[PDB]
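If you read the sequence from its start, that first residue is 1, and numbering goes on from there. Every number for a ligand or one of its atoms is a count from 1 in the order of the listing. We use all heavy atoms of the structure for the numbers below, so side chains are in, but hydrogens, waters and symmetry mates are not.
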Amino acid sequence: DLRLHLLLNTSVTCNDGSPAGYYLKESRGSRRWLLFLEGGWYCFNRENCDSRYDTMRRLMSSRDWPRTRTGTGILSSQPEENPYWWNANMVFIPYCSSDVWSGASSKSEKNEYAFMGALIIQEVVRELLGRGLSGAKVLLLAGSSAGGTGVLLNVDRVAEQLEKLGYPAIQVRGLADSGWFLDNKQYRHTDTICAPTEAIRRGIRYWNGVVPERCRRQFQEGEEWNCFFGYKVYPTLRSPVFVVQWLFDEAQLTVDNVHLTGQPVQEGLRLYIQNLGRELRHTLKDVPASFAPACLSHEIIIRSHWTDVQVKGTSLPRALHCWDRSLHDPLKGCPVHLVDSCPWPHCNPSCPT
Ligand SMILES: *[C@@H]1O[C@H](CO)[C@@H](O)[C@H](O)[C@H]1NC(C)=O
Ligand SMILES: Cn1c(=O)c2c(ncn2C)n(C)c1=O
């Protein structure tokens, strides 16, 4: 079990002004720290944030959080479940800012909600430095879905923060799971139910959203939404980032207005889906540390059966171990770049059921 700690700095809040926090399981033996960013979409105006507050309140408030969470997949302390980092210090940072971890805005007389995702990550790192992180060799900032995008937006700021606090020895790395989206044409055009590009454009203004400096400098004022797209922000990052991305991500297909029912798929949708997989594969061509199976799924790294999926006979835990070896100073039978070439969901027999 990971134990809840609410942030001692109560100016750093969830959407409703309740304190943000983190779940921690310390490993006294280990100088490895895994900080996992939870996902769960976002909200980008008063009306859709109000709806989220009614039926997804745990993603907007700490008021109802449990005292403990069970570490699963990459957050498991059991080697059987987590061959990769079972002995690491484990941190789960709940997503309660609805801002893809980009926000730097307090609740005030002008703001119904606080969007403090970027500041929550900063505050968790600062408070952990007094709990053993000061002795770390490696800090892996990991995350799934909106948390995966959060890794891309925040990994270099965590590295900068530790450099400026006088910990240049701590190696900051990123693991972005199911956070690598395409600003592609929808299969069918569609209110909130608004394509990611426009929703993110509006979100940044609403959240006072912040993006990595080099990406911000490239795209400039009014175009920072570009930095929420992996293939655009990744090349601007200095920190090593491992990209885990299903070629047919369910969240990508949802925003593209693709709904597979069981009826025969006709030529138009077949070509659309094959084109999406090919586009995803293209964006990963020059990403040296990547795991991209040809599956229709969403998230993997905190799922208990994350060990089961393979690309070219290599599991994700093995790929991550090979990545660790690669960052000592290519390795025989220890690959780090694993992208499926087969063009249809579940052409990989190891895809989740
Ligand atoms: C508390 O958090 C706020 C907002 O991130 C920050 O400006 C302030 O410096 C923090 N104070 C302390 C004591 O950490
Ligand atoms: C750009 N983008 C998306 O496209 C997206 C998303 N979550 C789901 N989608 C589909 N997030 C967090 C995101 O930043």
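Drug identified at ligand 2: caffeine. Lab note: main contact partner of caffeine (ligand 2) (name per the PDB entry) = Palmitoleoyl-protein carboxylesterase NOTUM.
Around caffeine (ligand 2), within 4.0 Å by heavy-atom distance, are found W41, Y42, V100, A146, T149, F181, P196, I200, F228, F229, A251, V255.
Atoms of caffeine (ligand 2) lying under 4.0 Å from at least one heavy atom of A146, given by number and element, are 12 (C).
Under a 4.0 Å criterion applied to the non-hydrogen atoms of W41, caffeine (ligand 2) contributes the atoms 8 (C), 9 (N), 10 (C).
Residue-ligand proximity, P196 to caffeine (ligand 2), at heavy-atom distances under 4.0 Å covers atoms 3 (C), 4 (O). Closest UniProt active-site residue of chain A to caffeine (ligand 2), with heavy-atom distance to 1 Å: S145, 5 Å. Near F228, with a cut-off below 4.0 Å to any heavy atom, the atoms of caffeine (ligand 2) are 1 (C), 14 (O). Residue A251 approaches caffeine (ligand 2) through these ligand atoms, each under 4.0 Å from one of its heavy atoms: 10 (C).
Here the protein heavy atom with the shortest distance to atom 13 (C) of caffeine (ligand 2) is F181 CD1, 3.7 Å.
Atoms of caffeine (ligand 2) found under 4.0 Å from any heavy atom of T149, numbered from 1 in the order shown, are 12 (C), 14 (O). With ligand atoms numbered from 1 in the order given, caffeine (ligand 2) contributes 12 (C), 14 (O) to contacts under 4.0 Å with heavy atoms of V100. Close approach of caffeine (ligand 2) to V255 is summarised as follows: ligand atoms under 4.0 Å from at least one heavy atom of the residue are 10 (C).
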